[PDB]
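This entry carries samuraciclib.
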Amino acid sequence: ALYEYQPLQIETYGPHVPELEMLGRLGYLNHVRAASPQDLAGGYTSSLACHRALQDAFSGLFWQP
Amino acid sequence: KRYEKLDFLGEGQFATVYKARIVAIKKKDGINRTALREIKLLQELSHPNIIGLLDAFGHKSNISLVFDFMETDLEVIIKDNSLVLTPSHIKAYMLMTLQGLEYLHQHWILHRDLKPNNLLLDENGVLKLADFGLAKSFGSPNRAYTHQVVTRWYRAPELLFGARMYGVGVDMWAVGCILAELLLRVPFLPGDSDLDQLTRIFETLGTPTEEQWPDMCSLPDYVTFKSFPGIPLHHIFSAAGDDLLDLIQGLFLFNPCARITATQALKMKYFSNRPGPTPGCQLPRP
Amino acid sequence: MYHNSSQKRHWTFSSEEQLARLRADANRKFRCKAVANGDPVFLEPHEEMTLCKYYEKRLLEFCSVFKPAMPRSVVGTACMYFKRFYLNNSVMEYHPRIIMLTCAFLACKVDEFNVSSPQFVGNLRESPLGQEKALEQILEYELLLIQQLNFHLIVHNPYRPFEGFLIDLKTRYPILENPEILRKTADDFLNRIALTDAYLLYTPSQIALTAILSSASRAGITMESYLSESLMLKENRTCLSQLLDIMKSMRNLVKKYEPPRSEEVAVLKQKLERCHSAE
Ligand SMILES: CC(C)c1cnn2c(NCc3ccccc3)cc(NC[C@H]3CCNC[C@@H]3O)nc12
């Protein structure tokens, strides 16, 4: 009865969203505002804002009532 | 409305909670913003390890919220000297907490009030995060938050240093504290003030330097401290294994960005390793 | 998130016909109650729609002059509250003048835009006694508004999806070199879409994408490749066809929108005042 990690299976009804760690290479972070040193000190990064914006943009784009 | 109002359960600043036929009902500014926060967040969330809002209804500016009835919480478990917290039990509690937190963080919400009595347990041994009165959506650059969230003994050092922007770390640190409270059966860092809380943190885990926290000096309430080397984690948690020590170190990393997220904590070898987490039906009952 | 939200589950409808059916049912239910309480005093459903559009314009003006500055999220939430409320309630029973202020009040609370009740009601252009009377009515109607929304308070607006689409265009669509020259016209089209019933018929992502591609078409830019090459709809052409049909239907809803006329709203406002005098 050993635990095995299964990623959360939540259908988004939209295009695939790039992972948070990969936003830096793909060039997304060059278009979101940089996180200030006090923001980084508390754990806030521009990757979070970029990822949430992309997720909201893609959420339910292909869904119909 | 359709409820029997059986037994009194508790009373707090914003509401009084009773048992009712089984559910728990919690009863010029208008409707209380804590009740509205609970309503607006819990309506959008659905997960086995998050408290379920079954119904809502009220009169005038007094709304009653209906939740599933929970038998106990982690605080009663920790403070009960009769029951023994086997490593499997700690693993199970940690797993349920982290899965609920993973779901919550996926939907860009921070609990901001994690502590043992806010982690409720039902008769089936399912742990649910409750008391979303301070919970707030994160990931928006336009939202400025306060640093006085989380009770003091579970507050992260960046919160104690006055972080107005933060992420999942404020939950994760509290999770670490809860983990420590599960291992020691007593509060890990029982400060009497903010400065005393920071002092206990830095005396136990060592004073973080610029290498472990690159921008620690930029927080508005950062106070230069005394350089304690801290106490090695294997000395504090003498009964903890290497995997558990890795999890504890990840949860208690001073850098919030480097601090492990809920999914990263779930992927760690501690949860995969032997022994497996206790099933909910076999967890200790207060 | 929208894809498992109460907005998607309960407040995104199949067609304008279903919305018209809900509005007509509300109108006839109020008529039946008024008759059972006891003539041409009653408002017809299209007259109710005209009054609701006028008072949505009034709510937008109120939220635009609100001090301190109201975030666009609050305005969108409040307008969605107004639309949802008058889907299933007659303006003849609950006056839209009060209901829109209640919508703004509840929206400020829900979206964490902390303003005190006195600084809320001070934005109204009335006497201090009138301001306190309006405050009392807002407090009476706040719970009613919450009940009529079925306690679904989180509203997913298209502004963040709009920002996400702009980021995606800047990153993955070099064909459209500067996506930020689309922002102003796309925002104008977003306002126009908000005037219509589209917020009850489509997803926020669909609405934002429709505004962006309408702005691109206005500039002459043909960027169906972004739909096909970047959104990977070239792998599922039926989904691409459904998406194009959604956007065409939204553009049609915008083109057919008729704004309230001054004479007509004056007449219907006098009619509504007579309705509220007798109730
Ligand atoms: C409102 C909802 C979250 C809820 C469901 N069951 N339940 C119980 N059950 C009795 C109980 C719980 C924990 C320990 C002992 C007894 C007590 C209770 N008290 C209110 C606070 C108290 C502090 N911890 C979080 C609780 O929600 N709230 C609830």
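In what follows, every chain begins at residue 1, and chains take the letters A, B, ... in the order their sequences are listed. This deposition comes from electron microscopy, 1.9 Å. No hydrogens, no waters, no symmetry mates; every other heavy atom, side chains included, goes into these values. Both ligands and their constituent atoms are indexed starting at 1 by order of listing.
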Counting heavy-atom pairs within 4.5 Å, which chain has the most contacts with samuraciclib (ligand 1), and what does the PDB entry call it? Cyclin-dependent kinase 7
| query | Within the structure, which other chains come under 4.0 Å from samuraciclib (ligand 1) at some heavy atom? | reply | B
UniProt domain count leader: chain B with samuraciclib (ligand 1): Protein kinase
### Query
At a non-hydrogen distance cut-off of under 4.0 Å, which region of B:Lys19 contacts samuraciclib (ligand 1) (side chain, backbone, both, or neither)?
neither
Quick check on contacts: which atoms of samuraciclib (ligand 1) are under 4.0 angstrom from a heavy atom of B:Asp73?
13 (C), 14 (C)
Write out the residue and atom name of the closest protein heavy atom to atom 16 (C) of samuraciclib (ligand 1), then the distance separating them to 0.1 Å. B:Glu71 O, 3.7 Å
Measuring from atom 26 (C) of samuraciclib (ligand 1), which candidate in B:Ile77, B:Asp7, B:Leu120, B:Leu42 has the nearest non-hydrogen atom? B:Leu120
- Query: Which atoms of samuraciclib (ligand 1) are found less than 4.0 Å from any heavy atom of B:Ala24?
  - Reply: 4 (C), 5 (C), 6 (N)
Sub-4.0 Å atoms of samuraciclib (ligand 1) with respect to non-hydrogen atoms of B:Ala130
3 (C)
Can you tell me which residue and heavy atom of the protein come closest to atom 1 (C) of samuraciclib (ligand 1), and the distance to 0.1 Å? B:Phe67 CD1, 3.5 Å
Would you mind pulling out the UniProt ATP-binding residues of chain B that have any heavy atom less than 4.0 Å from samuraciclib (ligand 1)? B:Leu9, B:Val17, B:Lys26
Which residue and non-hydrogen atom of the protein lie closest to atom 25 (C) of samuraciclib (ligand 1), and at what distance in Å? B:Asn117 O, 3.4 Å
- Query: In the protein, what heavy atom is nearest to atom 21 (C) of samuraciclib (ligand 1), and what distance, to one decimal place, separates them?
  - Reply: B:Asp131 OD2, 4.8 Å
query: What is the nearest protein non-hydrogen atom to atom 18 (C) of samuraciclib (ligand 1), stated with its residue, atom name and distance?
result: B:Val17 CG1, 4.3 Å
For atom 6 (N) of samuraciclib (ligand 1), tell me which residue out of B:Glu38, B:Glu75, B:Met70 has the closest non-hydrogen atom.
B:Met70
- Do protein heavy atoms approach atom 23 (C) of samuraciclib (ligand 1) to less than 4.0 Å? yes
What UniProt active-site residue in chain B has a heavy atom closest to any heavy atom of samuraciclib (ligand 1), and what is that distance to 1 Å? B:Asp113, 7 Å
Which atoms of samuraciclib (ligand 1) have any heavy atom of B:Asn118 under 4.0 Å away? 24 (N), 25 (C)
(Q) Using heavy atoms and a 4.0 Å limit, tell me yes or no: is B:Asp68 in contact with samuraciclib (ligand 1)? (A) yes
Could you help me out with the residues around samuraciclib (ligand 1)? Anything with a heavy atom closer than 4.0 Å counts. B:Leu9, B:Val17, B:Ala24, B:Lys26, B:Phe67, B:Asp68, B:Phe69, B:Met70, B:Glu71, B:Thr72, B:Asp73, B:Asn117, B:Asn118, B:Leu120, B:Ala130
